[PDB]
Amino acid sequence: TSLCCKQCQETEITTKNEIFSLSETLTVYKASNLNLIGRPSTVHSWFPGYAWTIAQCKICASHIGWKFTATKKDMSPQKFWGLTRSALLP
Amino acid sequence: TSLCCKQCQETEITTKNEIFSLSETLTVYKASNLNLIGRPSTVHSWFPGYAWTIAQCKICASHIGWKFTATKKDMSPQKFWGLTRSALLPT
Amino acid sequence: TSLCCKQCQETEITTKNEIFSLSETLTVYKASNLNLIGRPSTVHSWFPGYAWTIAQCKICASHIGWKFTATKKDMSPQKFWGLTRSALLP
Ligand SMILES: Nc1cccc2c1C(=O)N([C@H]1CCC(=O)NC1=O)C2=O
Ligand SMILES: Nc1cccc2c1C(=O)N([C@H]1CCC(=O)NC1=O)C2=O
Ligand SMILES: Nc1cccc2c1C(=O)N([C@H]1CCC(=O)NC1=O)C2=O
Ligand SMILES: [Zn+2]
Ligand SMILES: [Zn+2]
Ligand SMILES: [Zn+2]
C-alpha cells in the first residue's frame, strides 16, 4: 500500500488507504514525513475554498505537493494533501 | 472503496478505508464534500461523550449524517463521522 | 481489517487501513476507544520531534500504546499512535 518519495525512495509519504475523491494530483486525507514551507496561499488554488502550502519530503526536500487547508470551518475535510503522482513511487 | 451520496450519485462522502467500530449508522474517521449546518449539540447524542453537528452533501444538500466532536480531551478519536447507511451507495 | 484489544476482545483500537511507516510497535494515523493517561513527555521519545502520552483501552484499562504528538507545527502527521502489537488481536 505504501507511496514513497520517488527521489529518496525509502521515505513513505502516504498510503493508498488515504486516497479520497474531492471533485496528475492525488488527494489523500493523511500523509507523513513532509515539511511545510511558508504560509498558506489561495492564489490559483486548484481547490476552491482551500489554501495551499508547499510540502516537501523531510529527507531529501523533493517537492512532493501541497497541504490544502479549508478557509471556512463548515467544509470537510478541514485539510488534505494534494500530491503530484509522478513524485511518488508506485 | 467509494461511498457516494445516494441522491446526487456523483459526490464521494467517505471510503471503506475510513470505516472503524466505535461501539444503521456507519462510523468513519474521515469524510469529504459535507457541509456542516449549525453548532455542536450533545442533546440525545447517540455516542456519549460526543456532540453532533448535522452534515449534508455539499452538492445536493441531502442530510447524510453528523460530525461527532469529543467533549473531553482524553477520548479517542477526538472527531469522527456518523453516516446514515441508507443515504449512501454501495452497501 | 479490525485490530482489537487482546484482553477484552471486543473493543476495536485501530484498523489495518490506518497503518503507515514513519521510519513490536505498530504506527497508525487513527485509533479509537483509548483513554489518555497524563500529559505528553519527550523523555526517551522513540520518535524525535514527538512527545508521548500513555494510551489504554477504555473498557479494560490494558495499556495498548501511546499517542504521539508533534512538538512543532511543520511536521506531518501532527499526531499518530504507536501501539504494542502483542496487545492487539489480529
Ligand atoms: N509552479 C508554480 C509557479 C508559480 C505559481 C504556482 C506554481 C504552482 O505550482 N502553483 C500551484 C500551487 C498549488 C495550487 O493549488 N495551485 C497552483 O497553481 C502556483 O500557484
Ligand atoms: N430528527 C431529529 C429531530 C429532533 C432531534 C434530533 C433528530 C435527530 O436525528 N437527532 C440526532 C442527532 C445526532 C445524534 O447523535 N442523536 C440524535 O438523536 C436529534 O437529536
Ligand atoms: N516502561 C517505562 C518505564 C519508564 C519510562 C518509560 C517506559 C516506557 O515504556 N517508555 C516509553 C514511552 C514511549 C516512548 O516514546 N519512549 C519510551 O521509552 C518510557 O519512557
Ligand atoms: Zn525524499
Ligand atoms: Zn448529494
Ligand atoms: Zn480492552
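Each chain is given a letter, A onward, matching its sequence line's place in the list. Residues 321-343, 360-426, in that order, are what chain A shows, numbered as in the PDB entry. All residue numbers given for chain B refer to the PDB entry; the residues shown span 321-343, 360-427 in order. Here the PDB entry sets the residue numbers for chain C, with the shown residues being 321-343, 360-426 in order. Whatever order the structure lists them in is the order used to number ligands and atoms, beginning at 1. Heavy atoms only: backbone and side chains are in, while hydrogens, waters and symmetry mates are out. When the header is checked for method, it gives X-ray crystallography, 2.0 Å.
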Worksheet entry | Drug identity at ligand 2 | S-pomalidomide
Item to complete: Write down the name, per the PDB entry, of the macromolecule bound to S-pomalidomide (ligand 2) with the most contacts.
Response: Protein cereblon
Worksheet entry | Heavy-atom neighbours of S-pomalidomide (ligand 2), other chains, cut-off 4.0 Å | B
Discussion item. Can you walk me through which residues contact S-pomalidomide (ligand 2) using 4.0 Å for heavy atoms?
Written reply: B/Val379, B/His380, B/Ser381, B/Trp382, B/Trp388, B/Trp402, B/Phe404
Discussion item. I'm looking at S-pomalidomide (ligand 2) in this structure - which UniProt domain of chain B has most of the contacts?
Written reply: cult
Item to complete: Identify which residues UniProt lists as binding (S)-thalidomide in chain B have a non-hydrogen atom closer than 4.0 Å to S-pomalidomide (ligand 2).
Response: B/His380, B/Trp382, B/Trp388
Discussion item. Starting from atom 10 (N) of S-pomalidomide (ligand 2), what is the nearest protein heavy atom, named by residue and atom, and what distance separates them?
Written reply: B/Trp382 CZ2, 4.6 Å
Worksheet entry | Protein heavy-atom partner closest to atom 19 (C) of S-pomalidomide (ligand 2) - residue, atom, separation in Å | B/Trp388 CZ2, 4.2 Å
Worksheet item: Considering only heavy atoms of B/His380, which atoms of S-pomalidomide (ligand 2) have at least one such atom less than 4.0 Å away?
Response: 14 (C), 15 (O), 16 (N), 17 (C), 18 (O)
Item to complete: List every atom of S-pomalidomide (ligand 2) that sits less than 4.0 Å from any heavy atom of B/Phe404, numbering the atoms from 1 in the order shown and giving each element.
Response: 15 (O)
Worksheet entry | Sub-3.5 Å N/O-N/O distance, B/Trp402 and S-pomalidomide (ligand 2) | no
